Amino acid sequence: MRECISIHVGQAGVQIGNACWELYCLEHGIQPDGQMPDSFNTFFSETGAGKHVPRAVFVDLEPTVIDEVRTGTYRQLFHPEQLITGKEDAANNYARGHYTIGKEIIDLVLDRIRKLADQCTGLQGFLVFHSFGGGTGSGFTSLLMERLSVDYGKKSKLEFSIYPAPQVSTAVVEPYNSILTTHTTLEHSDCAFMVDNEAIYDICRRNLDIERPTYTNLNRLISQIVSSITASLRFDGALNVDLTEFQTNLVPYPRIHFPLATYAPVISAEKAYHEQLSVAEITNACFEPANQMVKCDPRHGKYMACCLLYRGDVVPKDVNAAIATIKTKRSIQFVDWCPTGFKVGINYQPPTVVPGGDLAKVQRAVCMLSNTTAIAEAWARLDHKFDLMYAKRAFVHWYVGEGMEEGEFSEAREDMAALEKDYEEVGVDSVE
Amino acid sequence: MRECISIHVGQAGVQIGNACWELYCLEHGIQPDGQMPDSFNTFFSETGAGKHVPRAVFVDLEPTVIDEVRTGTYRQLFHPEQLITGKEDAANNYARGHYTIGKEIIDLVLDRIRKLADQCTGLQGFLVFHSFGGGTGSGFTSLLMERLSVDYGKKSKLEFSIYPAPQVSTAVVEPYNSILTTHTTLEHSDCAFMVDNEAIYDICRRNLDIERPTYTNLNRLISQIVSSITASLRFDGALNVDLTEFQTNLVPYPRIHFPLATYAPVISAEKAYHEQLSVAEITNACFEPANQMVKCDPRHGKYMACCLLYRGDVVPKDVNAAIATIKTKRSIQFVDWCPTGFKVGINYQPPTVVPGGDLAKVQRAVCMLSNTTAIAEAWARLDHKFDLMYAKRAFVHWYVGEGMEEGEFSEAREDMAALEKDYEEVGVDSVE
Amino acid sequence: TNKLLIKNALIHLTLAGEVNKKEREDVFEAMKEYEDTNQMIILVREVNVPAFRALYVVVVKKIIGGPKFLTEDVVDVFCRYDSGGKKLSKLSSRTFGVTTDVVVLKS
Amino acid sequence: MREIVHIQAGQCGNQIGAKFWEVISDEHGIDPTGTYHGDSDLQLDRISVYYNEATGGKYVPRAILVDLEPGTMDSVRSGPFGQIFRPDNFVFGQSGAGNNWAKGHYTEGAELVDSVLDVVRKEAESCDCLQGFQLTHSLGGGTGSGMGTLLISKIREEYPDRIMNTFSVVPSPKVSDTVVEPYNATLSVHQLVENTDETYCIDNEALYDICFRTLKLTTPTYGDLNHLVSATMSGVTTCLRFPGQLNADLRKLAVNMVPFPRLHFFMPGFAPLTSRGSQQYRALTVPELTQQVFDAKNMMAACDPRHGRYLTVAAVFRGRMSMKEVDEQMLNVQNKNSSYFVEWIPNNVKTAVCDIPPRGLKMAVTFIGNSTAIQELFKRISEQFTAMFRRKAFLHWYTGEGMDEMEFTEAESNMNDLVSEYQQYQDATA
Amino acid sequence: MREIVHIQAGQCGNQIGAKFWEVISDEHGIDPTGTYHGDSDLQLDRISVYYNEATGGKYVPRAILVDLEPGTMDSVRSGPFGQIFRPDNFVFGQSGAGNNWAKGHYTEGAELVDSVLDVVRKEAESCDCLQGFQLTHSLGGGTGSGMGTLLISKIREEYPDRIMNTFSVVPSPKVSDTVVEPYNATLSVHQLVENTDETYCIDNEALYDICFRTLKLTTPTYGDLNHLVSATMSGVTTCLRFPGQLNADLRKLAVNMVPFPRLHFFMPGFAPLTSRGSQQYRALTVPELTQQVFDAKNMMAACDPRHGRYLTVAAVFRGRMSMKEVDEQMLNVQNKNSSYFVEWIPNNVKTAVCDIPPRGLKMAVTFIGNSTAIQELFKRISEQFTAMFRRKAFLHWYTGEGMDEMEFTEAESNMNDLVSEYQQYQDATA
Ligand SMILES: CC(=O)O[C@H]1C(=O)[C@@]2(C)[C@H]([C@H](OC(=O)c3ccccc3)[C@]3(O)C[C@H](OC(=O)[C@H](O)[C@@H](NC(=O)c4ccccc4)c4ccccc4)C(C)=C1C3(C)C)[C@]1(OC(C)=O)CO[C@@H]1C[C@@H]2O
Ligand SMILES: Nc1nc2c(ncn2[C@@H]2O[C@H](COP(=O)(O)OP(=O)(O)OP(=O)(O)O)[C@@H](O)[C@H]2O)c(=O)[nH]1
Ligand SMILES: Nc1nc2c(ncn2[C@@H]2O[C@H](COP(=O)(O)OP(=O)(O)OP(=O)(O)O)[C@@H](O)[C@H]2O)c(=O)[nH]1
Ligand SMILES: Nc1nc2c(ncn2[C@@H]2O[C@H](COP(=O)(O)OP(=O)(O)O)[C@@H](O)[C@H]2O)c(=O)[nH]1
Ligand SMILES: Nc1nc2c(ncn2[C@@H]2O[C@H](COP(=O)(O)OP(=O)(O)O)[C@@H](O)[C@H]2O)c(=O)[nH]1
Ligand SMILES: [Mg+2]
Ligand SMILES: [Mg+2]
């Protein structure tokens, strides 16, 4: 009676979606065929026969990565009307994923979401998995967040945006494909979770002792975080928190709604020994600078509204005991106007392991979702990567030729520059 | 409820600590695995599973000696993040243990200590094992005692310095590295115990009849002395003495805090017969000119504040009897201002023999500590070994080229020369 | 006195090759009357891509241009030229000294 | 889907095509007959990008072969992998090459052009989603410069929204095999920066030294130089027809590369280039496969990368490797080559990784440079045009076909900007 | 970690190294191919100091082989352990040796200097913690004195904060195999006190008397002289690549040793040196492996240690022994020889003990002295300069390449202080 659905726009959302839907079948005994040997109705509109198809719409412009799904192990799971493909990709071009080619199949996408809201009576929210890199994942979501607010408007719309790193970038027009996706979705997003590609490599290197992490392994860490946010629907816990409740505790203004996730503990199999990982210990591992999955220095700002999503055998006294240590500490300075900014959710499931993953089986976990202040310097970075590449008019001739104007680039920067004034608007102290 | 961590800076500190942590696992039935088939909470932050990891931080710049630990018998024992290595050693150079390489990994060390004292509610003291020889063992300690006096300040900070021998020295800048590390640690050390190599070679020849003492065998004697100081926490006796209770009895003036250890009886296996080793016989063996573990003549001075730390089956009547024999003797002269200067502790544990060691199993032991007078004649030694190498300005060109001023060498000598005046300040008779 | 640690990094990491040959030959004769001053540091555009922007001395004075004088607070990191691998090596220091040779500014 | 047409023109192009469709057809496991014998089923999942299924389970290449004499077309037909082609494609003339730009574009190019495009149209109606037109010519000769720079201006008249990518062989600095190649080049550069999208400018002079130094051969035949070019040629499109962990195609390798609509002249590269006996000394790891790439000896275009700077840099990999080893090494070389990149382009390493190595190796790297290092390629060619135009030598053949004296200054006026802009966009900062 | 580069220059240097890498290969158990066959796993724990692992578990040396003619490099490549090296390292020239400091530094040293250092730069990028640079040359010749004294003045331009330890065979008093070796050494002494850190002055003269009296041979070939030198050359570094009790390394063998930044000329030593049959007469104890050392017959540098005194005397012991027996003997020989040490250096013995003896012994001693005994090495050489400069014979060859008549007086003025400083700090008391 509470059903959330998921959309997989681009490729970086689709291969993360291969890590999510593999993982849900382990937490419920679901086969890849949909067979199983009662609260899993939040993701699976079932059939009168034995099969549990998922609630997922895989839209893609190029037919490349979808054919790995149509031929892989989870071929039999999905309904083959969900698996929507096309002919030519946007190819890192906002004007080929929002104006030219993305205009074509948009009436096959929304009409497919139309036939999934009728299998639901308690429709809950949206899960668009995408990235800010390409012009498909950040050029078609910007089209599609406009459309699902025309359809509903009053439903929660959660993204999981894979963030462009300050160290490593595998594109060239990537600071053009991020300023354009802000302006289009900022008036119709709900709460976009930032996850960085860079910071997972350090967590795979130091805390896990993996020197060769593949894209198979950077998505296992984003699999458990998405499994932790939606852990309160599929299971009964001590203090549950539904998806409609995230938009009020975490979003202080109609602009600042960019939380960065953080999972803990992350340990190797050999280091499951040698330590005990108490809730008073693993909570201090949340607020380290060395464990944040978006590369900033969190001791260079504040914290407007944190949020802790515990799970496993966790004592709610020791939660209060571990938190009362934290607000007494020195380095972790919250915001003056926020009195005390936590929203703690204790659930009754251990963090389940996937076979083949290099994560130890621990008895408890936490997915901190910290709306910090200091990430605006990382928003200040992707304007300095805009200004130097726009005074020389570099790479503009691909956008102009496919339906995009010159007037809409210094426009959205000033809109982004208005979003950068708002974080220093937070950092003031309105005294007396 | 009482915890005392142990840090092993250098190489000579660590190779003693290879023999120290061998002994505690004998005195508690602990395997090298951390398995075992409320007395051991002072050295083992135990896990809820079966493993008792020690409270140790092995840090060294050169990665040679630490790989013996990571491949030895006690591989599985230590928490592997504790064992900290680096690349280029200080290599007997003070400006490469404090200015060049010491600034590199000081933050991996202190943050690792930071994650040990949070597992401690009753934190008691420090045990920094370091030798005065190298520029790692006397260049990284002097950096580290500055830093841990910023974090804690009030806590007790015990060290164990392997003294430079008066006739035998296996280094050339060793009379430089003693005057350098004194000046830095003298304002922040607590009670620095002097143990000499050369006297342990004497005891291995005469009282033990071993003609080939290896560093396997010169460390078993220091392993018993370190164990008997920390024998009152781990056990329970007729009169116990904690580690904070050392620094008040032993340090009269805040400069003179350099006592020398003495263990007794040190007998071979064949000489366990032929004698009786009574509680009034072994205490006369404590105050010999021969049986001291620093090669000095104790009859060339006085005794400011002795200390006796017995263990084993000891009756406190004869302790009062054997002490009363000692102050009536001729050669032993206490200082005129100290009325009676003893501080006696009795435990209920015989000293445990280690297999392979050539020490005989006895019923009782004594770990004599004595803040004596005449050790400053051996401090007068390490300035005549300084002046002849500073007049001709030898070896200075390695210090200056690695971040070290020239003005900080006659400066620290005068501070060492001020330390020479205070022992002769003691020995006078302030009459009327 | 670290003339070797900076001239090596002028023509291998910051201004190397045939492109800026006219540029780095200017900054040899500019410091010829100098280097009796003890230490000299450079400004670096970014810690990821080290490009040369300004040449300094240690007395912080610019001779060939950012700011004429720097503070300790606006310094991002303190980098050490790894001679064995022609890269940068970060430090834990916040003040100046013999160890630091490469500084990066903030924004 | 995403079908590509492969047109061949000139003698130099038509002998890569005997080797290219041997480079390709050994990856997909294609016999000399036209059938399938491979083991993996991943090959036939994307066989239709270059092929057409015929009756009997046979696959034939989508190649269209153009010549002005039946000389070299008879060699490719009689050669191995020659009977794989569709025999209607072989469109050839009679008058010979002429080694003459004024003949292959104004005299013979004006007759056989419509008999080419109707076979092109027959090959394009059999394709559902047309991607682009990879064309194999060379700037040196007269067939592949008059006819190869005509299908640019005729098929883009028919297909104005596809990708046009030529695979050209550029004249060398030291040796010259044509006396009028300073006239065949400048007449073609005028036609390339009109209606193309990219051009993999490959030299011969740097291609010989790699066969001498790095490959360590003795007698390099053209069967071992085109063996090395066509190895690089298949690596561009191998992410368009095989599953990769980070996908690229012939538009992602078009938008990310080209910063301005004229500066689109590339320079390829390849790794590993072992020796026959020195394949037991170097470790085959990603930090070794990159340090071989960013040295100047491996650049097949005969210029120095340390002269001039880079604008955008691609690095298409193959094989099965890990994305941290890639992203560490793409950071690591940009530290130690920081002065060689340009300032107003940040994060200037485009990177893609496929998952199918070449048949027999373990991993391989295809480099796609884009630099201001090729400013003295055009400075070299436009000077050889200058001295040969003052004394107006060799002019009484082009003028004899009716070509005007101003048009040689017109094409020289076009290259006058293009030399300036690699200087103009070098020291322009912000 | 702590990798070491092993550059080889000159004919004399390139024939020790062919024997030197035969020594290192037998302590770690290395075949001629490159694989592993040893029994102990302690050998491979620090294998990465001289080696780079290649594919298939094969280790190759980190050696860079510099030459001016292809003569001697043909002998090493055709000889055994020739195929262990990497065939890109063999950097050689064409114009012969020359036996000419004006040719190995001004004529052929000007061209082949960057073909060396680019291979040096390729070896250093494959190293994590770069330690130092051991160079195998000889003061006598003209390849190992012009080219070998150029690489120090180019690598310290590139690596100013490392250690540069050269292994120089020094000309003998009686026999002289070069007439102008009094010109070769005094031009090389000018280039080692500039930019080195230590220099093992090994002679030929005293090396035969060890091979005649102590070893009791009849016909000493160079295959047995360099057999004896390389036994010392591997002993200095075995406290870095094997676990020891009281450790030492190349920087601990720098700060302990060198009192002033110019007096860094060391003299080697080794024990035991048995006869073939007289190994059954002498006891193999540490008090016998010390009295063999501190006598003058064991010194490989041909000078009398009793003339002049010592400054810092290190003695790296090896094998399984006990530290009391060590420190008893290092005290005993300082009591009985106290007049041969200097007054103002107290406690003047550095001592190291490792635990892996050579294959077949039980314990071994490597002696690294330092003395004022080599005032009459420089009193010998600088006078042979002097009588060959009053008439200024042999000058019309070095001047012929462009060398000035003051530059010979500059290098002679450099040695004029260095003779005085072993006299200035000899009787300086306090
Ligand atoms: C059956 C047996 O034990 O034979 C011994 C042996 O009899 C004696 C006589 C050897 C032997 O040495 C010689 O005959 C000799 C000849 C010319 C020059 C120098 C030595 C031996 O050849 C040498 C050899 O030494 C080694 O193997 C060391 O690892 C040595 N290796 C080499 O020198 C070497 C020789 C050939 C090829 C490659 C390496 C070494 C020493 C220091 C540092 C590294 C390596 C040894 C113990 C033996 C023999 C075979 C007879 C002695 O020498 C050494 C260097 O060990 C000479 O006095 C010692 C005492 C040894 O007992
Ligand atoms: N989390 C995650 N990110 C990935 C993975 N593969 C690629 N990426 C990221 O994807 C980003 C590029 O955007 P993509 O989504 O792959 O591209 P696209 O949306 O399909 O658009 P085009 O490729 O231009 O058609 C890069 O920043 C990569 O870091 C993966 O397996 N997991
Ligand atoms: N008691 C004892 N002393 C030792 C032992 N090993 C070395 N030493 C002493 O250590 C002193 C040398 O200092 P070290 O601490 O070993 O050197 P270091 O501080 O590690 O620095 P490096 O010089 O870089 O190795 C000498 O005086 C030795 O006698 C040992 O096992 N036991
Ligand atoms: N790489 C390569 N270059 C070739 C080959 N054949 C000819 N060339 C080059 O092509 C140029 C001559 O042009 P060519 O194509 O034969 O003349 P055309 O037939 O009129 O186009 C010269 O620069 C030749 O080096 C070949 O097989 N491989
Ligand atoms: N110990 C030793 N000395 C050698 C050897 N070969 C040559 N020498 C000495 O090297 C000197 C001649 O120098 P050489 O290196 O051959 O000339 P270069 O090639 O110009 O450097 C003479 O003193 C020779 O005795 C050798 O194998 N061993
Ligand atoms: Mg895509
Ligand atoms: Mg050490």
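Order of the sequence lines sets the chain letters (A, B, ...), proteins ahead of strands, with each chain counted from 1. Order of appearance sets the numbers: ligands from 1, and atoms from 1 within every ligand. What's counted below: heavy atoms across the whole structure, side chains too, no hydrogens, waters or symmetry copies.
Present at ligand 1 is the drug Taxol. Here, the chain sharing the greatest number of close atom pairs with Taxol (ligand 1) is referred to in the PDB entry as Beta1-tubulin.
Every other chain with a heavy atom under 4.0 Å from Taxol (ligand 1) is named here: E.
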